Structures are given as structure tokens and as C-alpha cells.
Amino acid sequence: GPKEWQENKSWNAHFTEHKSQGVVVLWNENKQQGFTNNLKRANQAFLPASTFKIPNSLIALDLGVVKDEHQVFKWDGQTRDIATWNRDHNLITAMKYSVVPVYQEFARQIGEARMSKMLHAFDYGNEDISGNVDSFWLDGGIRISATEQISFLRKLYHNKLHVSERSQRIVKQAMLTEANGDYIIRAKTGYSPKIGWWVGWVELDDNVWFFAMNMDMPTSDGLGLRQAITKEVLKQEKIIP
Amino acid sequence: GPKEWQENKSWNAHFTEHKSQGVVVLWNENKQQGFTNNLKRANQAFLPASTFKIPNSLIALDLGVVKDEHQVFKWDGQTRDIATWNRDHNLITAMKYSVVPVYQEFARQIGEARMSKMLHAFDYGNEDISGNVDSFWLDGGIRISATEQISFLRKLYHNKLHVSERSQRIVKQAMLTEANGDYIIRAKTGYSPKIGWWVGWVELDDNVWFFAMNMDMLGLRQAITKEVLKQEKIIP
Ligand SMILES: *C(=O)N1C[C@H](NOS(=O)(=O)O)CC[C@H]1C(=O)NOCCN
Ligand SMILES: *C(=O)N1C[C@H](NOS(=O)(=O)O)CC[C@H]1C(=O)NOCCN
Ligand SMILES: [Cl-]
Ligand SMILES: [Cl-]
Ligand SMILES: [Cl-]
């Protein structure tokens with residue numbers, strides 16, 4: 001009989017076309033079956049980098065560190081490399097522009113004790129916050145695989161995480177990336193030395209496709225490949241036109 | 001002092017180009033200033049038609065007639081003219097395809113007493129539900145102007161309507177029409193005999209522009225509105 005995770009190695013052509021390697025993991029919610037080009041890499045755990053903004057947002061909201069998605073967090077005045085960071089942000093734009101210093105302040109206000117407790121409740125990756133509370137997802141001990149990202153995202157989609165429904169709805173709003181008459185994408189990118197991420201889902205009229213992809217990234221060039229390669233897989237599988 | 005409301009008649013060119021006439025009303029949330037090509041028409045009251053799906057959704061959710069955005073409303077098996085209506089729906093797709101029979105069923109379950117009480121609490125238009133409980137927004141006594149649509153939508157945006165915050169968040173999710181790196185549009189279209197509507201808002205990084213347009217009478221509703229938004233440098 002059929003397997004929970006089916007391997008489709010033909011997607012490697014989309015990584016090969018761009019002289020890269022990685023994994024795309026898809027989960028068809030209606031069919032309760034998953035698909036990936038590399039079963040092994042689907043289960044390899046990596047630093048989450050900026051994809052950690054999803055659980056960080058949930059915890060910050062549930063504890064009231066963030067009151068709502070409209071609350072303004074003033075620029076601390078320090079000019080950083082990414083120009084979109086040097087301005088005031090709310091939760092919506094802090095996600096969209098992946099504004100690390102805003103999220104570092106969230107993490108410091110959450111604190112290590114509550115951060116560890118929440119990640120355990122979320123069953124998130126290896127749950128290891130060793131390092132600094134404001135950088136463990138960038139250079140500390142936490143590791144999460146693409147399949148673990150799917151499991152976490154499915155809980156979020158269904159409001160099943162151990163935080164309020166409100167917190168989950170707000171974060172899903174903040175994840176909005178693209179919407180048209182054909183589909184809605186809610187997702188979060190990430191990048192740390194040598195690995196780029198894109199995780200999220202595609203909402204259709206009568207199904208949801210969760211996705212988690214990571215790929216080798218020798219430099220910061222080709223960050224757009226994260227979405228481009230994923231979309232090539234989504235197009236091949238007739239999920240988007 | 002400055003004017004809360006300014007008239008810009010140059011937008012009439014966008015209507016005239018299509019041999020039509022109408023009004024676009026814009027509200028700059030940050031500045032607390034509004035703009036329209038026709039001050040009089042901006043404040044004249046019309047049947048809301050399918051733009052009434054916004055308050056109808058809020059009421060159905062708040063009262064528990066609709067449990068959440070996943071609850072399925074089964075097709076009743078009657079083949080109707082709009083093909084996308086001839087299938088099962090949830091709140092998201094019922095809004096998206098403007099599925100009338102689903103919303104007539106909501107209205108019957110809400111009932112006249114609860115519908116009237118909710119519209120009064122919402123300050124919604126003339127608050128008058130006279131007519132059929134399941135069609136008064138298309139052929140009954142209720143009327144609302146474009147500026148009144150904006151006042152209602154601003155309350156919804158800020159979670160200030162009397163219904164639960166949850167209901168307001170769910171409906172705002174169901175209003176999602178378009179999103180990209182430049183803007184998010186949450187809106188609802190409508191058409192009554194001789195009037196087309198598009199009402200909603202454009203979310204930018206650090207401002208929100210509310211809009212309500214109506215025009216004498218379908219893709220022109222969005223196209224004309226977008227020409228105004230482009231002229232005002234709101235969208236690219
Ligand atoms: C997280 O992955 N970040 C923050 C930002 N995200 O951009 S995205 O890859 O387009 O999501 C830039 C990349 C990455 C970092 O490099 N963060 O570490 C820098 C800490 N200031
Ligand atoms: C509401 O305005 N409706 C339902 C449907 N909405 O489509 S939209 O204008 O694209 O949002 C079609 C038009 C309108 C009607 O109910 N029209 O049918 C009138 C016959 N009772
Ligand atoms: Cl981050
Ligand atoms: Cl309707
Ligand atoms: Cl949304």
C-alpha cells in the first residue's frame with residue numbers, strides 16, 4: 001500500500017537548473033499524504049534562522065509582549081545593513097521585512113524560561129534554546145527539520161498550538177505573503193550561513209498544501225531561488241497555475 | 001484650517017473613459033482626510049447589495065450561526081446561473097464567489113429581530129431591514145452611502161464593532177482579495193439593479209486607505225477604483 005511520504009526525485013531538476021541542491025517537502029491536507037524529492041534531507045534538522053519568527057510571534061502575542069499587530073515598535077536608531085530595518089515597524093511589517101532587532105527584543109522580553117517552556121509545548125524541533133535567548137535560532141543549538149516544520153505549521157493552521165486562538169490567527173495574518181483569485185500563500189523565509197528556508201502553506205478553495213523547503217546557499221545571492229524553486233514544484237504538481 | 005474632505009473631479013475621467021458615471025471615496029487613515037470626485041454622491045444612500053455580505057458574515061459568526069471559516073454549507077442541489085455557486089462552500093469561498101443562497105440561509109437563521117438589533121448596534125446605514133429577511137439588502141429598505149460604508153469599515157478594521165474581536169478577525173480574513181509585496185486589499189463587490197459597488201481598504205506598510213466606490217451600471221468596478229488608486233500614488 002501507499003506510503004505516508006512519497007519520494008519524487010524529478011524535483012531535483014528544479015534545483016539542478018539553478019546549480020543548487022535542497023529539499024522541498026509538501027503535505028496534501030485532504031489526502032493526508034506527503035511528497036518530497038529527498039526523504040533523508042526532509043528529516044535533516046537545521047537552524048531555523050528567520051523562520052523562527054513564526055513561533056517567536058506566537059509566544060510574544062500570547063504573553064502580551066506584543067499587544068496586537070498594530071502596535072508600533074520604534075526603530076532603536078541604530079543604522080543596520082538592511083535599509084528596511086531602519087524604521088518603525090509593527091508585527092505585520094516586522095515579519096514582512098524580517099526585522100531581526102525587533103524580534104530580538106521580543107525574545108529578551110519573553111525570557112529564556114518562558115521561551116523554553118513554550119517551545120516544549122509546541123514540540124518545536126529539538127526544543128534547545130542553548131545560546132543567547134536573543135540569538136539561539138541564528139547561532140545557537142536549536143535545530144528543526146523540514147518535516148518538523150510541516151508538523152508545526154499544521155498545528156498552527158488548525159489552531160492546535162498551546163497558545164490562544166487569537167495569537168494563532170494574528171500570526172497567520174502576519175504570515176500573509178501573496179494572494180490572488182487562484183491561491184493564498186502564508187509563509188516565512190529564512191537564511192543563515194549556507195542554508196536558505198521557505199516554509200508555509202498554499203490555501204486553495206477546497207484544500208491546503210503545506211510546504212517546507214531548504215537549500216544550500218553558498219552566498220547571499222540567489223535568495224529569490226527559495227520561492228522560485230518552491231513555485232516550480234508547486235506548478236509541476238498543479239497546485240498553482 | 002485644512003479640510004477633512006476634498007473634491008478631486010479629475011477622477012471623472014476614469015469613469016467617462018468607460019462611458020460610465022460614479023463616485024470613488026478614499027479615506028487616508030493616518031491623515032484623517034477623505035477625497036472623492038463627487039461630494040454629493042459620496043453621501044447619497046443606495047442599496048448595499050452583496051456588500052451586505054460583510055455585516056451578514058459578522059452577525060452570523062457572532063451569533064454562532066456560522067461556527068468558523070471552515071464550516072461547510074452544502075450545495076442545495078439547485079443549479080444556478082453562476083457556476084461557482086453550484087458546489088459546497090465555506091465562509092472564505094462563499095465570500096470570494098459571492099454565493100447568494102448561502103447568505104440567504106444565514107439571514108433566515110439570524111432572523112429579523114437579531115438582524116435589526118445588530119444593524120442598529122453597527123450604526124449601519126439607515127439601519128432599516130424592511131422587506132424580506134433574506135433579500136432586504138438587494139430589494140428592501142436598507143440604504144447606505146459610500147461615506148457610511150467607510151465609517152463602518154474603519155470600525156471593522158479597528159475591531160471596534162460591537163461583535164466579538166474574533167468575528168471581526170474572521171471576516172477580515174474572508175475579505176482578503178489580493179496581496180503582494182506592495183499592498184493588501186480586503187474588499188467586497190456588489191451589484192444591485194443599476195448600481196455596482198466595491199468597498200474595502202488597501203493596507204500599506206505604514207498607512208491604510210479605505211475606499212468605497214459606486215457606479216451606474218463588472219470588472220470596471222475594480223479597474224476604475226485602481227485607476228484612482230494609481231493616480232493618487234497609493235498602488236504602483
Ligand atoms: C533570518 O533568516 N534573517 C533575517 C533576514 N531575513 O531575510 S529573509 O531570508 O529574506 O527572511 C535576513 C537574513 C537572516 C539573517 O541574516 N539574520 O541574521 C542577521 C542578524 N542581524
Ligand atoms: C450581490 O451584489 N450579488 C450577488 C453576486 N455578487 O457578485 S459581485 O457583484 O461580483 O460581488 C452577483 C450580483 C448580486 C446579485 O444578487 N445579483 O442578482 C440579482 C438577482 N436577485
Ligand atoms: Cl529572526
Ligand atoms: Cl448577498
Ligand atoms: Cl489574512
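The sequence lines fix the lettering, A, B, ..., with proteins before strands; numbering per chain opens at 1. So this one's X-ray crystallography, 1.3 Å, going by the header. Indexing begins at 1, ligand by ligand and atom by atom, following the structure's order.
Looking at ligand 1, the drug there is nacubactam (bound form). Here the macromolecule bound to nacubactam (bound form, ligand 1) with the most contacts is known in the PDB entry as Beta-lactamase. Chains with a heavy atom under 4.0 Å from nacubactam (bound form, ligand 1): A. Residues with a heavy atom within 4.0 Å of nacubactam (bound form, ligand 1): A/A49, A/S50, A/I82, A/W85, A/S98, A/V100, A/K188, A/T189, A/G190, A/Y191, A/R226. When hydrogens are left out, the protein atom nearest atom 1 (C) of nacubactam (bound form, ligand 1) is A/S50 OG, 1.4 Å; that is the closest non-hydrogen contact. When only non-hydrogen protein atoms are considered, atom 16 (O) of nacubactam (bound form, ligand 1) lies nearest to A/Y191 O, 3.9 Å. In this entry, the covalent bond from nacubactam (bound form, ligand 1) runs to A/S50 OG. In summary, the atoms of nacubactam (bound form, ligand 1) found under 4.0 Å from a heavy atom of A/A49, numbered by their order in the structure, are 2 (O). At under 3.5 Å, a nitrogen or oxygen of A/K188, whether backbone or side chain, sits near a nitrogen or oxygen of nacubactam (bound form, ligand 1).
Protein heavy atom in closest approach to atom 11 (O) of nacubactam (bound form, ligand 1): A/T189 OG1, 2.7 Å.
Per-residue contacts place A/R226 under 4.0 angstrom from the following atoms of nacubactam (bound form, ligand 1) (heavy atoms of the residue considered): 8 (S), 9 (O), 10 (O).
The protein non-hydrogen atom at the shortest distance from atom 17 (N) of nacubactam (bound form, ligand 1) is A/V100 CG2, 3.8 Å. From the protein, the heavy atom lying nearest to atom 12 (C) of nacubactam (bound form, ligand 1) is A/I82 CD1, 4.0 Å.
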Tabulate distances under 3.5 Å between N/O atoms of nacubactam (bound form, ligand 1) and N/O atoms of the protein, writing both atom names on each line.
residue, atom, partner, partner atom, Å
nacubactam (bound form, ligand 1), 2 (O), A/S50, N, 2.8
nacubactam (bound form, ligand 1), 2 (O), A/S50, OG, 2.1
nacubactam (bound form, ligand 1), 2 (O), A/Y191, N, 2.9
nacubactam (bound form, ligand 1), 2 (O), A/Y191, O, 3.2
nacubactam (bound form, ligand 1), 3 (N), A/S50, OG, 2.3
nacubactam (bound form, ligand 1), 6 (N), A/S50, OG, 3.2
nacubactam (bound form, ligand 1), 6 (N), A/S98, OG, 3.0
nacubactam (bound form, ligand 1), 9 (O), A/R226, NH1, 2.6
nacubactam (bound form, ligand 1), 9 (O), A/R226, NH2, 3.4
nacubactam (bound form, ligand 1), 10 (O), A/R226, NH2, 3.0
nacubactam (bound form, ligand 1), 11 (O), A/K188, NZ, 3.2
nacubactam (bound form, ligand 1), 11 (O), A/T189, O, 3.3
nacubactam (bound form, ligand 1), 11 (O), A/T189, OG1, 2.7

